[PDB]
Trainee: 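I came across a structure with quisinostat and want to understand it better.
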Amino acid sequence: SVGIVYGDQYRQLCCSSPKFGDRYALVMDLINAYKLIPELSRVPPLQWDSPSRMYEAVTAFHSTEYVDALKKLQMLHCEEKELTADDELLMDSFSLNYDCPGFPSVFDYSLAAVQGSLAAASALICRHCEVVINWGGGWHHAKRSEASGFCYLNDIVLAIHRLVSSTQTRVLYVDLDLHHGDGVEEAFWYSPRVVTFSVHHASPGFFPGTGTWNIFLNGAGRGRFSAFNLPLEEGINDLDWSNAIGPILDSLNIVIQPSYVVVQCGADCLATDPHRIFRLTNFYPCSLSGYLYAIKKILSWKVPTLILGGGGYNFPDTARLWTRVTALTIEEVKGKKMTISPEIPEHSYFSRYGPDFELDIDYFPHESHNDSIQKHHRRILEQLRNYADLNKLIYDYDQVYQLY
Ligand SMILES: Cn1cc(CNCC2CCN(c3ncc(C(=O)NO)cn3)CC2)c2ccccc21
Ligand SMILES: [K+]
Ligand SMILES: [K+]
Ligand SMILES: [Zn+2]
C-alpha cells in the first residue's frame, strides 16, 4: 500500500513550533478534503518502552549531550524565569539559539518528526507499505551535536540508518529542497552504502553554503564519490530544473540499484515561496511541476520509497504541492487514477486558499533567468563512474552516458 504518517497527538506536536505554525494541519486537512485518506494506510508514529529506549534511538546519530541539552531547553522554556548565563552558554555550544531557539515544546516537536520517520522506515522494512509519506519530517540540516536551519533532530539520518541496517543494502537519498541537504550528506560522508544527491540553490551568503565548488568535495574514505550535488542558479523553471535533474536520477538508479529511496521534498522551490529563488510549480497538465516530474520518475523504479517534507514557508501552497504529490504517489503505486478537482473543496481551512481557491498555485511561468548544466552533467557522470569503480559495481557506461 501507500502509507502516510499521522495521528492526533502527532498533528498537535507538528503544529507547535513558532516557525512552521499550523502548516502540517493545512497539509493533512487538504489531503483529507480531497478524499485521499481512505486510499492511504495510516502509519502511527513510533513510541518507545522507556526513556532509555528513546535515547538509544535518537543517539544512533545525535550525541547524548546534545539530546540532554535539547530536552533541558524545553524544560527551561516551560518555566517563566530567564535562562542563566551558564545555560545560555550551554545552548550556544549546540547552536540552540537565534535560528533554532527554544520554545515550550521544542523537544517533543523535534522528537515527533523522528518518531514519524522511524515508523515510516519500519513500514517499508517489514513490507507493509511500498511507499510511505511523512509530511511532518524532512529536517535535513541538523547535525550530530548541532541544531541548524530550523532543524533540531535529523529524522532523515535516523530513518536512513534504520533502512541501511536492515537486510548489501544501499540507500539512495534525493534532496529536492531549495537548500543543500548538508546534515544528511555529512552524516553519510564516509559511507558508500548511502548515496546522497542534493539539488539546490547555492550562491555567496546563501544558507547553508555547502553543496557547491569548494573543486567539488564528494565524500571521503570508503565514501569517496558517494556524495552528489547539483547547484542551480536562481530563476530556474519547471522544465529546466526537470531536464537538469532527470538524467542524473536515472543514472543513479541504474548504477547504484538502491534497496530503498528516501526523498526530501521541501517545498521552498515553489515560485510562490517567500524565498522566491526557484520558479517551480505544482502544475499537473503546459508546464509540469518539477517536483511531480521527479517523484513520478523515482516511483517508476518500483523501489520501496520514503517521501518526506522539509522547507516550505508559503503554507497553503506547500499544502497544494504535497496534496498533489500524495495523489500522484497513490496513482503510481496502486495504478488507480486519482482525479483532483482544480477547485479547493470546502473544509476547515478553506479560507486560507483565497482569494481564488484553486489547487494550482497562483503563478504564470516563463523562461529561466539564465551550458553550466552540461558541465555539471559531465562532472556528475565522471563522479558516478568513479563511484562505480571504487565500489566494484558493473554498469553499461554507454547506456548511462546516453541518458544525457
Ligand atoms: C532576520 N534574521 C536573521 C537572522 C540570522 N539567521 C538567518 C538565516 C537565514 C537563512 N537560514 C535558513 N535556514 C534554513 C532554511 C531552509 O529552508 N532549509 O532547508 C532557510 N533559511 C538560516 C538562518 C535571524 C535570527 C533570529 C531572528 C531573526 C533573524
Ligand atoms: K536540496
Ligand atoms: K555517502
Ligand atoms: Zn529549505
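The residue numbers of chain A are those assigned by the PDB entry, with the residues present covering 2-168, 177-223, 232-302, 314-398, 402-435 sequentially. Atoms within each ligand, like the ligands themselves, are counted from 1 in listed order. Basis for what follows: all heavy atoms, side chains included, without hydrogens, waters or symmetry-related copies.
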Trainee: If I want every instance of quisinostat, which ligands or chains should I look at?
Mentor: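 Every copy of it sits at ligand 1.
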Trainee: Give, per the PDB entry, the macromolecule that holds quisinostat (ligand 1) with the most contacts.
Mentor: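 Most contacts go to Histone deacetylase.
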Trainee: Which residues form the binding site of quisinostat (ligand 1) (heavy atoms under 4.0 Å)?
Mentor: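 Sure - by heavy atoms, that gives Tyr99, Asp100, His141, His142, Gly150, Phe151, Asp186, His188, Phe216, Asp285, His292, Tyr341.
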Trainee: Please tell me if atom 29 (C) of quisinostat (ligand 1) is touched by the protein, where touching means a protein heavy-atom distance below 4.0 Å.
Mentor: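 Under 4.0 Å from atom 29 (C) of quisinostat (ligand 1), zero protein heavy atoms found.
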Trainee: Protein heavy atoms: any of them under 4.0 Å from atom 5 (C) of quisinostat (ligand 1)?
Mentor: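 Within 4.0 Å of atom 5 (C) of quisinostat (ligand 1), protein heavy atoms are found.
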Trainee: Could you find the nearest protein heavy atom to atom 18 (N) of quisinostat (ligand 1) and give me its residue, atom name and distance?
Mentor: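 I find the closest protein heavy atom is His142 NE2, 2.7 Å.
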Trainee: Mark whether atom 15 (C) of quisinostat (ligand 1) lies under 4.0 angstrom from at least one protein heavy atom.
Mentor: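 It does: a protein heavy atom is found less than 4.0 Å away from atom 15 (C) of quisinostat (ligand 1).
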Trainee: For atom 27 (C) of quisinostat (ligand 1), what's the nearest protein heavy-atom neighbour? Residue, atom name and distance, please.
Mentor: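 Residue, atom and distance for the closest contact: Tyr99 O, 4.8 Å.
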Trainee: Checking contacts now, so for atom 1 (C) of quisinostat (ligand 1), which I'm interested in, is there any protein heavy atom under 4.0 Å?
Mentor: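 It does not: no protein heavy atom is found less than 4.0 Å away from atom 1 (C) of quisinostat (ligand 1).
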Trainee: To check your reading of the model: name the closest protein heavy atom to atom 17 (O) of quisinostat (ligand 1), its residue, and the distance in Å.
Mentor: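 So the nearest neighbour among protein heavy atoms is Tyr341 OH, 2.5 Å.
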Trainee: Looking at quisinostat (ligand 1), are any other ligands or ions under 4.0 Å away?
Mentor: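 I count ligand 4 (zinc ion).
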Trainee: Run the numbers for me: atoms of quisinostat (ligand 1), each under 4.0 Å from some heavy atom of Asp186, listed by number.
Mentor: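 Once the distances to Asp186 are compared, the set is 19 (O).
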Trainee: Which residue and non-hydrogen atom of the protein lie closest to atom 10 (C) of quisinostat (ligand 1), and at what distance in Å?
Mentor: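 Protein heavy atom with the smallest distance to atom 10 (C) of quisinostat (ligand 1): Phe216 CB, 3.8 Å.
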Trainee: When you measure from atom 3 (C) of quisinostat (ligand 1) to every protein heavy atom, which one gives the shortest distance, and what is it?
Mentor: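 Of every protein heavy atom, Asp100 OD1, 4.9 Å lies nearest to atom 3 (C) of quisinostat (ligand 1).
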Trainee: Please list, in number order, the atoms of quisinostat (ligand 1) under 4.0 Å from a heavy atom of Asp285.
Mentor: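 So the answer, numbered in order with elements, is 17 (O).
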Trainee: For quisinostat (ligand 1), list all ligand N or O to protein N or O distances below 3.5 Å, rounded to 0.1 Å.
Mentor:
residue: quisinostat (ligand 1); atom: 6 (N); partner: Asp100; partner atom: OD1; Å: 2.5
residue: quisinostat (ligand 1); atom: 6 (N); partner: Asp100; partner atom: OD2; Å: 3.3
residue: quisinostat (ligand 1); atom: 17 (O); partner: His188; partner atom: ND1; Å: 3.1
residue: quisinostat (ligand 1); atom: 17 (O); partner: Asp285; partner atom: OD2; Å: 3.1
residue: quisinostat (ligand 1); atom: 17 (O); partner: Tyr341; partner atom: OH; Å: 2.5
residue: quisinostat (ligand 1); atom: 18 (N); partner: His142; partner atom: NE2; Å: 2.7
residue: quisinostat (ligand 1); atom: 18 (N); partner: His188; partner atom: ND1; Å: 3.3
residue: quisinostat (ligand 1); atom: 19 (O); partner: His141; partner atom: NE2; Å: 2.9
residue: quisinostat (ligand 1); atom: 19 (O); partner: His142; partner atom: NE2; Å: 2.9
residue: quisinostat (ligand 1); atom: 19 (O); partner: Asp186; partner atom: OD1; Å: 3.0
residue: quisinostat (ligand 1); atom: 19 (O); partner: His188; partner atom: ND1; Å: 3.2

